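Each remark here refers to the structure printed beneath this line.
Chain letters run alphabetically, one per sequence line, in listed order. The numbers used for chain A are those of the PDB entry, and the residues that appear cover 1-169, in sequence. Quick note: numbers on chain B are straight from the PDB entry, i.e. 2-165, in order. Side chains included, hydrogens not; waters and symmetry mates left out as well; all remaining heavy atoms used. Counting starts at 1 for both ligands and their atoms, following the listed order.
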Amino acid sequence: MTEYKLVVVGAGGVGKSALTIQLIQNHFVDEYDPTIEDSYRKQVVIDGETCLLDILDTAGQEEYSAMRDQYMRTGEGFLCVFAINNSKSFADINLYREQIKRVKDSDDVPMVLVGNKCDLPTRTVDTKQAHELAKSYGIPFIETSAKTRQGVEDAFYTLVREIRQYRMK
Amino acid sequence: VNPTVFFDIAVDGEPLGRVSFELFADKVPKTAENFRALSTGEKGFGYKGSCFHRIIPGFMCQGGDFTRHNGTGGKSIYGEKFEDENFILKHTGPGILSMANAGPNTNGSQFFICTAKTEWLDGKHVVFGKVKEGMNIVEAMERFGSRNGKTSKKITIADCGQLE
Ligand SMILES: CCn1c(-c2cc(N3CCN(C)CC3)cnc2[C@H](C)OC)c2c3cc(ccc31)-c1csc(n1)C[C@H](NC(=O)[C@H]1C[C@@H]1C)C(=O)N1CCC[C@H](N1)C(=O)OCC(C)(C)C2
Ligand SMILES: Nc1nc2c(ncn2[C@@H]2O[C@H](COP(=O)(O)OP(=O)(O)NP(=O)(O)O)[C@@H](O)[C@H]2O)c(=O)[nH]1
Ligand SMILES: [Mg+2]
């Protein structure tokens, strides 16, 4: 069984852990439990083949931005998450992408842009703006809700497909 | 005169020992008083029976969530949260007692005890006390922590109160 190393990154409070826990445990709770660093495992059938996902849920806490290099070296693909009601979190995305590009010394890193909390009516980030950013990076963009599960499997499975393609190069 | 409180710490229900703290009521009276009252339980709720849910060897032991017991809860005697009183005192080394928070003006009941100097927390967490006796008990609690803070045994406040 092929084992994919996924890493979930993005600013504090955008829903990185809620997305991961929805995928792994099929569960959502509204409580705030800010992350130090957590790791999960899940096997899934993607495009008719069983995959094993190793998922690293990272801290958004802004004070430790210089502590990310080790996990960026280790990870194969990255879920870059912002929240659609937090414009600062969308601006932070480019900062994360530049950091991953530097550490891996590459422009071709498997990556998916995720706009989370789409269940909420108070949108401040235009969907077209995010699509355009993802197009400029050459990566997929998926809108998700960890609360309703919209797009959750699509985001993680899409990232697996991006890595699958990368591995065949 | 600054008040003194104690925790009797247990590991999986077995006594480990007593840690005592001086609370700096002269510099942070509102924050000191919250911790003092939660230690006696005199408002009908408080630290007794709660656990240290996050212990990271080399840095700190964190606890104080007596409402959800999962590291997400806690409340002050003033309401769920209260404001940062001041940042006069610094995280100068092992033994410092300081409030956990989720950003500016979000103090509740969660707190941490430093096991090293944590200077980058200065100006972001309110320091309000320090270990007086039993720092080696706090050092002993680090034996049950881990890199991400998950504990390997249940570390509890079996009893707490104020010393005369
Ligand atoms: C990069 C990895 N990382 C690290 C980190 C940092 C270093 N450095 C090495 C070089 N030096 C100079 C700088 C630091 C080394 N190794 C690691 C760890 C061991 O690598 C896994 C930390 C950390 C903190 C958070 C997220 C990721 C984090 C975080 C996420 S929420 C938070 N902090 C603040 C936390 N709020 C809460 O709980 C809210 C829910 C309640 C109400 C809070 O009030 N307190 C009290 C103070 C301590 C803090 N918890 C905490 O646990 O700090 C852990 C610590 C290890 C001290 C710092
Ligand atoms: N309405 C709504 N709330 C969400 C969604 N995802 C997360 N939340 C809420 O947003 C808050 C933060 O979620 P969390 O997953 O902890 O964010 P995080 O990115 O892991 N934060 P950190 O970087 O500190 O670990 C919680 O209150 C959570 O319930 C979502 O899709 N919709
Ligand atoms: Mg998280």
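The drug that appears at ligand 1 goes by the name daraxonrasib. Most heavy-atom contacts to daraxonrasib in this structure come from the chain listed in UniProt as Peptidyl-prolyl cis-trans isomerase A, N-terminally processed. Counting only non-hydrogen atoms, chains lying under 4.0 Å from daraxonrasib: A, B.
The binding-site residues for daraxonrasib (non-hydrogen atoms, 4.0 Å) are A/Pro34, A/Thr35, A/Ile36, A/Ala59, A/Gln61, A/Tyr64, A/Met67, B/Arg55, B/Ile57, B/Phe60, B/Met61, B/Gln63, B/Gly72, B/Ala101, B/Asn102, B/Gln111, B/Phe113, B/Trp121, B/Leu122, B/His126, B/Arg148. UniProt assigns most of the residues of chain B contacting daraxonrasib to the domain PPIase cyclophilin-type. In terms of protein heavy atoms, atom 58 (C) of daraxonrasib is closest to A/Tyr64 OH, 3.5 Å.
In the vicinity of B/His126, heavy-atom distances shorter than 4.0 Å reach the daraxonrasib atoms 43 (C), 44 (O). Residue, atom and distance of the protein heavy atom nearest to atom 18 (C) of daraxonrasib are B/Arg148 O, 4.4 Å. In this entry, the organism cited as the source of chain B is Homo sapiens.
Ligand-side atoms of daraxonrasib in range of B/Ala101: 43 (C), 44 (O), range being under 4.0 angstrom from any heavy atom. Looking only at protein heavy atoms, the nearest one to atom 17 (C) of daraxonrasib is A/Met67 CE, 4.4 Å. Daraxonrasib places these atoms under 4.0 Å from at least one heavy atom of B/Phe113: 46 (C), 47 (C). The deposit refers to chain A as GTPase NRas. Among all non-hydrogen protein atoms, the one lying nearest atom 37 (C) of daraxonrasib is B/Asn102 O, 3.6 Å. Every atom of daraxonrasib is numbered from 1 in the order shown, and the set under 4.0 Å from a heavy atom of B/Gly72 is 40 (C).
For atom 42 (C) of daraxonrasib, the closest heavy atom belonging to the protein is B/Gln111 NE2, 3.8 Å.
Distances below 4.0 Å separate heavy atoms of A/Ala59 from the following atoms of daraxonrasib: 26 (C), 27 (C).
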Show me a pair-per-line table, with atom names and distances to 0.1 Å, of protein N or O atoms that are under 3.5 Å from an N or O of daraxonrasib.
{"unit_1": "daraxonrasib", "atom_1": "36 (N)", "unit_2": "B/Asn102", "atom_2": "O", "d": "3.0"}
{"unit_1": "daraxonrasib", "atom_1": "38 (O)", "unit_2": "B/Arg55", "atom_2": "NH1", "d": "2.9"}
{"unit_1": "daraxonrasib", "atom_1": "38 (O)", "unit_2": "B/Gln63", "atom_2": "NE2", "d": "3.0"}
{"unit_1": "daraxonrasib", "atom_1": "44 (O)", "unit_2": "B/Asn102", "atom_2": "N", "d": "3.0"}
{"unit_1": "daraxonrasib", "atom_1": "44 (O)", "unit_2": "B/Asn102", "atom_2": "O", "d": "3.4"}
{"unit_1": "daraxonrasib", "atom_1": "45 (N)", "unit_2": "B/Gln63", "atom_2": "OE1", "d": "3.3"}
{"unit_1": "daraxonrasib", "atom_1": "50 (N)", "unit_2": "B/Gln63", "atom_2": "OE1", "d": "3.0"}

